[PDB]
Amino acid sequence: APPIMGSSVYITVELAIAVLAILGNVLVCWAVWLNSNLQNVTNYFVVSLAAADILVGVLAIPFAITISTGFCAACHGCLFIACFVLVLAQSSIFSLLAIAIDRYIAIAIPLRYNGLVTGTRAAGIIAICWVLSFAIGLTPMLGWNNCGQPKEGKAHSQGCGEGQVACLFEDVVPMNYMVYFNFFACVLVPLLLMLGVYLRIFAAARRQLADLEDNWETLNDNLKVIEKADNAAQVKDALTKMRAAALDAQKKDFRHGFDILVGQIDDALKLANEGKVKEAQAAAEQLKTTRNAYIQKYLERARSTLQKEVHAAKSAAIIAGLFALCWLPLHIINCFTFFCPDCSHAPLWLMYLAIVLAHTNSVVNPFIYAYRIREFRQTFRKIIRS
Ligand SMILES: CC(C)CCC[C@@H](C)[C@H]1CC[C@H]2[C@@H]3CC=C4C[C@@H](O)CC[C@]4(C)[C@H]3CC[C@]12C
Ligand SMILES: CC(C)CCC[C@@H](C)[C@H]1CC[C@H]2[C@@H]3CC=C4C[C@@H](O)CC[C@]4(C)[C@H]3CC[C@]12C
Ligand SMILES: CC(C)CCC[C@@H](C)[C@H]1CC[C@H]2[C@@H]3CC=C4C[C@@H](O)CC[C@]4(C)[C@H]3CC[C@]12C
Ligand SMILES: CCCCCCCC/C=C/CCCCCCCC(=O)O
Ligand SMILES: CCCCCCCC/C=C/CCCCCCCC(=O)O
Ligand SMILES: CCCCCCCC/C=C\CCCCCCCC(=O)O
Ligand SMILES: CCCCCCCC/C=C\CCCCCCCC(=O)O
Ligand SMILES: CCCCCCCC/C=C\CCCCCCCC(=O)O
Ligand SMILES: Cn1c(=O)c2[nH]cnc2n(C)c1=O
Ligand code: NA
């Protein structure tokens, strides 16, 4: 069958993906630019990721269309056409890893997050990661390429000129680079690091939530202990455990509530130390008023903040997982090409499918933000309506 027919389907699909990648990710950038509620360090990496995806549509997809034709080119110019998409994928990986680390810092040390993770430092990190992405993705242009061993028969058959090759991805980019350096070292290892970070994020959230509930139960259990105590020493034991737990939960209406709680524990402790059991128990009963009016409100707000962090971490993890799902088939095919020379090469239609799937990753993030983050979804609606 004429190659232009199957080429037409592949090219049409690539162009459709390019349009959608541009439109959706331009919308992401317009949303962060316009909405100050979206202007935080996490979303600066989101914007960097959306910029990489815009460039997939503007440059990498036109380059992929071009390299599918095998047109005659100087080999090093062919290399750039071949490898620029690896720059964008590498930049995406750095942004994804940054987002993961950012959410870990926010959940593990929220008291020093704002002083540690700043906008100026983030912009510097983004710049360094773009430079590193060019270095990693264009490493074949530094000499790790097949330009020294051109396919002269293929070039002659296509009428290429002297010093030119048929510009095809697997003819110029070495597969050992693609498998060992790009895939294993530069893609698989960072994705596994992201997995580790997300595992630590969710474990940290679950621990802080058993801790919030454990302190709440300890407060209520020790109150019952005081009510049914029969001597001052038992009242004293329970209050001492309550006092240490109250300060542990303390680490304007928030501070006042815990100021009342500790002060009321101290009142009952002094009565308990005087052997006045009934008076200490009555003073300890006043703690329930503070618990209902203040402490329970702090417990439901701390729980609410943690659940929103879990939700935001899951949204980011879905983005990272979709990157892996969209890119792994192409990398896995390269592994079969490289590691199994006795295996027939993956057919051309499957190569095209795996390439298109990798590009489709540049469409999906705007949808995840719209469905999972209300501030983005609402800002998307205002932009579209207006
Ligand atoms: C800032 C942006 C818009 C600039 C985009 C420039 C792109 C399209 C340019 C930069 C380098 C160029 C390549 C440089 C060298 C060669 C080798 C030549 O034998 C065929 C064309 C080819 C393969 C060029 C294709 C076009 C190219 C990829
Ligand atoms: C990462 C998740 C989505 C799994 C993706 C698995 C895909 C990429 C796997 C599953 C089965 C695989 C194929 C199984 C057998 C062959 C025949 C061989 O001569 C060339 C490679 C080829 C054609 C493989 C290419 C990659 C392949 C299609
Ligand atoms: C965490 C996971 C997803 C990492 C990705 C798994 C990759 C590295 C694994 C999955 C299946 C594997 C392939 C399965 C079958 C073969 C055929 C054999 O003749 C050579 C190795 C080769 C080609 C393997 C190479 C590595 C491979 C592609
Ligand atoms: C914002 C605009 C920034 C402009 C930076 C330009 C960077 C792109 C340059 C690419 C040069 C690579 C082409 C060299 C191939 C020559 C072929 C050969 O030597 O065999
Ligand atoms: C999620 C399901 C995906 C839906 C469509 C995917 C179709 C592509 C799947 C291919 C599996 C293996 C194809 C093997 C092709 C023949 C290999 C060969 O002869 O060399
Ligand atoms: C600003 C949007 C970016 C520009 C998109 C341009 C769309 C054209 C798509 C692909 C370019 C294909 C170049 C043709 C390959 C040469 C064919 C040959 O010489 O054999
Ligand atoms: C060819 C490049 C290979 C080596 C990569 C070097 C790493 C990137 C170098 C310079 C990045 C410049 C921006 C640095 C500003 C830092 C701001 C900050 O972190 O607060
Ligand atoms: C594959 C290429 C290897 C890259 C070489 C490694 C060198 C670059 C690495 C990190 C750059 C660190 C940023 C330091 C710049 C100043 C920061 C500051 O002022 O605080
Ligand atoms: C990233 N990448 C690949 O890994 C690959 N393998 C075979 N063709 C390929 N193409 C066109 C590609 O862009
Ligand atoms: Na990407």
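We're numbering straight along the sequence, starting at 1. Every heavy atom of this structure was used, including side-chain atoms; hydrogens, water molecules and symmetry mates were not. Structure method, as recorded: X-ray crystallography, 2.0 Å. For ligands, and for the atoms within them, numbers begin at 1 and follow the listed sequence.
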Practice prompt. From the options tiopronin, isoniazid, etidronic acid, theophylline, give the one found at ligand 9.
Written response: theophylline
Worksheet item: Which chain is the largest contributor of contacts with theophylline (ligand 9) here, and what is it called in UniProt?
Response: Adenosine receptor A2a
Discussion item. Quick one: which transmembrane segments of chain A, counted from the N terminus the UniProt way, have a heavy atom under 4.0 Å from theophylline (ligand 9)?
Written reply: 3, 5, 6, 7
Discussion item. For atom 11 (C) of theophylline (ligand 9), what's the nearest protein heavy-atom neighbour? Residue, atom name and distance, please.
Written reply: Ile355 CD1, 3.6 Å
Worksheet entry | Nearest-option assignment for atom 8 (N) of theophylline (ligand 9), heavy atoms, candidates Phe63, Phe169, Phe84 | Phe169
Worksheet item: So which protein heavy atom does atom 6 (N) of theophylline (ligand 9) come closest to, and at what separation?
Response: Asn334 OD1, 3.0 Å
Discussion item. Test your reading of the structure: does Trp327 have an N or O sitting under 3.5 Å from an N or O of theophylline (ligand 9)?
Written reply: no
Fill in: Heavy-atom contacts of theophylline (ligand 9) within 4.0 Å
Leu86, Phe169, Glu170, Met178, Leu330, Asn334, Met351, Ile355
